[PDB]
Enquirer: 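Quick one: structure below, then a few questions.
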Amino acid sequence: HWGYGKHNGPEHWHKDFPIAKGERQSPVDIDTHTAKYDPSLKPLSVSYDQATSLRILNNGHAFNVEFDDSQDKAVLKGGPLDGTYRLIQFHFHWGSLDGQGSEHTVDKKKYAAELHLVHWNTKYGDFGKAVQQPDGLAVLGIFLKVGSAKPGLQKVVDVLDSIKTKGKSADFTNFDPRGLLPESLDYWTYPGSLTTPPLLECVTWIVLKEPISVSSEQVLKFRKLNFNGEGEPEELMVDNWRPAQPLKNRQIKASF
Ligand SMILES: C[C@H]1Cc2ccccc2N1NC(=O)c1ccc(Cl)c(S(N)(=O)=O)c1
Ligand SMILES: [Hg+2]
Ligand SMILES: [Zn+2]
């Protein structure tokens, strides 16, 4: 099944998942000079005060912090979005080297990594029904750069030990995702897709302009994770990122 290697990577996904070549695929290059400041766009509202994390899983491509999403607690609304969207999970995409890893790029610039907080549209009942809808998901993309430690990431950094290999999960309660946000909520927005298979075209993307900084030691630990399961030849979880895809007529809008 799919991966990020020479024989199962992004260039191979289209065969099992035809939509890999579809009309609204992610990620894309954000051409900052072509993106249009949109005044019809209400301010963003990120409300993570009640967010209830349950666990962190190595899924064989990334690790997911998962959230209790059967009540309205950690919610995204405002900006490009109509109604409310509930936080289901967060995860990252990173490189082997500081010079790559982000999925979205900004005037062709690849950041060291990118965080996705994944939210689903409440009017659709649950995650599984939302991903059948064109406005089913909202993902908040946040860029990572290597510099100072991000304090609010360190609790994730240290549990990674427990979930080195594919399949492993660990209890991960009381994590506050607010720690992971930059100061400014300025963003770009476009209609797009999951960046992994099934690659469903159900996402409103909201990519924040201001990266967070993480430390070199922080990113390094990310890179100690494994693509293989326990007992297998060791493939190191690096370069788990899809490259930029064709914009295709679509317009990216700036919130600023
Ligand atoms: C392990 C698989 C299986 C699965 C099931 C439900 C939700 C996410 C999810 N997975 N992982 C993802 O990384 C994922 C899910 C949704 C999205 Cl919107 C994205 S992403 N990369 O467009 O932000 C990733
Ligand atoms: Hg969809
Ligand atoms: Zn992602």
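Counting begins at 1 with the first residue of the sequence. No hydrogens, no waters, no symmetry mates; every other heavy atom, side chains included, goes into these values. As the structure lists them, so they are numbered: ligands from 1, and atoms in each ligand from 1.
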Enquirer: Going by the PDB entry, what is the chain that binds ligand 1 with the most atom pairs under 4.5 Å called?
Expert: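 The chain with most contacts is Carbonic anhydrase 2.
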Enquirer: Quick one: do you know the drug at ligand 1?
Expert: indapamide
Enquirer: I'm trying to map the binding site of indapamide - which residues have a heavy atom under 4.0 Å from it?
Expert: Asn59, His61, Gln89, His91, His93, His116, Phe127, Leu137, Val139, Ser193, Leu194, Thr195, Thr196, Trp205
Enquirer: Students should be able to answer this: which protein heavy-atom is nearest to atom 2 (C) of indapamide, and at what distance?
Expert: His61 NE2, 3.9 Å
Enquirer: Where is the nearest protein heavy atom to atom 13 (O) of indapamide: which residue, which atom, and how far?
Expert: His91 CE1, 3.7 Å
Enquirer: Look only at interatomic distance and state if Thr195 has a nitrogen or oxygen under 3.5 Å from any nitrogen or oxygen of indapamide.
Expert: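 Looking only at distances, the answer is yes, because the N/O contact criterion of under 3.5 Å is met.
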Enquirer: What is the nearest residue to indapamide among those UniProt marks as active site in chain A, and what is the least heavy-atom distance to 1 Å?
Expert: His61, 3 Å
Enquirer: With only distance considered, is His116 within less than 3.5 Å of indapamide through an N or O on each side?
Expert: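 Yes, there is a polar N/O contact under 3.5 Å.
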Enquirer: Check the UniProt Zn(2+)-binding residues of chain A and list those with any heavy atom under 4.0 Å from indapamide.
Expert: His91, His93, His116
Enquirer: I'd like to check which indapamide atoms, numbered from 1 as shown, lie under 4.0 Å from a non-hydrogen atom of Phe127.
Expert: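 Near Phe127, the atoms of indapamide are 6 (C), 7 (C).
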Enquirer: With a cut-off of 4.0 Å, which atoms of indapamide are near a heavy atom of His93?
Expert: 21 (N)
Enquirer: I'm curious, in chain A, which UniProt domain holds most of what contacts indapamide?
Expert: Alpha-carbonic anhydrase
Enquirer: Return the closest protein heavy atom for atom 12 (C) of indapamide as residue, atom name and distance.
Expert: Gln89 NE2, 3.8 Å
Enquirer: Which of the numbered atoms in indapamide are below 4.0 angstrom from a heavy atom of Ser193?
Expert: 22 (O)
Enquirer: Does indapamide reach any of the residues UniProt lists as binding substrate in chain A within 4.0 Å (heavy atoms), and which are they?
Expert: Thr195, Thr196
Enquirer: Could you pull out every N or O of indapamide that sits under 3.5 Å from a protein N or O, with the distance for each pair?
Expert:
| residue | atom | partner | partner atom | Å |
| --- | --- | --- | --- | --- |
| indapamide | 21 (N) | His91 | NE2 | 3.4 |
| indapamide | 21 (N) | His116 | ND1 | 3.3 |
| indapamide | 21 (N) | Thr195 | OG1 | 2.9 |
| indapamide | 22 (O) | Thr195 | N | 3.2 |
| indapamide | 23 (O) | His116 | ND1 | 3.1 |

